[PDB]
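Below is Protease NL4-3 with darunavir bound.
Chains get letters A, B, ... in whatever order the sequence lines come in. Chain A is numbered as in the PDB entry, which gives 1-99 for the residues shown. Note that chain B carries the PDB entry numbering, so the residues on display, from first to last, are 1-99. Values below: all heavy atoms of this structure, side chains included; hydrogens, waters and symmetry mates excluded. Method of determination (from the header): X-ray crystallography, 1.9 Å. In each ligand, atom 1 is the first atom listed, and ligand 1 is the first ligand listed.
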2 protein chains.
Amino acid sequence: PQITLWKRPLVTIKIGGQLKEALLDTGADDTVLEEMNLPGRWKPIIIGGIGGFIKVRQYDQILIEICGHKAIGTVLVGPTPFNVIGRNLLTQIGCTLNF
Amino acid sequence: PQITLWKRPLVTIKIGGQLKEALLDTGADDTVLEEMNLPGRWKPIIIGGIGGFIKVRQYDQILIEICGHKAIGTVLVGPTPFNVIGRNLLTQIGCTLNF
Ligand SMILES: CC(C)CN(C[C@@H](O)[C@H](Cc1ccccc1)NC(=O)O[C@H]1CO[C@H]2OCC[C@H]21)S(=O)(=O)c1ccc(N)cc1
């Protein structure tokens, strides 16, 4: 699908059997999601943006279905105000910016 | 132009006669730029992000030429770690996400 940016580019994602909504965020290097449980080993890491930094748990090689498109990659879990799908996963589904 | 997301979608902007590089940030409602003089009036405001909030000065109806495309809209000026072109201006140049 093509998506215009008049409204927030929100899409439905399915991860770990859960349904959620997330931003297609071209300004995000990595994918950050609200608090939730995921499988495997995770390591504590810290990410930052506008306003400061937060503490998240890094899960690697996590399967996600972003608007029906599958991708496996790193997923950070922590107190983010919004679920954002970063470039690490946007690349996997072949998303591009066009103007 | 189409733009892949394997590297940060940086583009050159011309604003107030100055040249700068900025992110095409679909996750950003509005445009936020590093400190700089913007001829005209403004009002103090506060935007929030991943890990906190910053104090920025709001300028309205500011001309920016993004990657050769002209647009006029609100531009926030403050201690942002990076210059990001938000949806308020991305819509003006007809930017879309495609996958
Ligand atoms: C909080 C988000 C929903 C929206 N943000 C834009 C987002 O793309 C920022 C834009 C951004 C980019 C670089 C530095 C600061 C902010 N990136 C970000 O927070 O990503 C973090 C997770 O992945 C990592 O990638 C870099 C930062 C980390 S934001 O910076 O807070 C923002 C909010 C409001 C406006 N008008 C403009 C920008």
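- Including duplicates, the parts belonging to darunavir are ligand 1.
- Every other chain with a heavy atom under 4.0 Å from darunavir (ligand 1) is named here: A, B.
- Residues in other chains coming within 4.0 Å of darunavir (ligand 1) by heavy atoms are A:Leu23, A:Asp25, A:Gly27, A:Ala28, A:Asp29, A:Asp30, A:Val32, A:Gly48, A:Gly49, A:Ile50, B:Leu23, B:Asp25, B:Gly27, B:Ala28, B:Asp30, B:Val32, B:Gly48, B:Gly49, B:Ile50, B:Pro81.
- The organism that the entry gives for chain A is Human immunodeficiency virus 1.
- Among the atoms of B:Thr31, none of the N or O lies under 3.5 angstrom from an N or O of darunavir (ligand 1).
- Near B:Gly49, meaning under 4.0 Å from any of its heavy atoms, are these atoms of darunavir (ligand 1): 1 (C), 31 (O).
- Heavy-atom contacts of B:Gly48 reach the following atoms of darunavir (ligand 1): 31 (O), 33 (C) (cutoff under 4.0 Å).
- The shortest N or O to N or O distance between B:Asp29 and darunavir (ligand 1) is not under 3.5 Å.
- The shortest N or O to N or O distance between B:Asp30 and darunavir (ligand 1) is below 3.5 Å.
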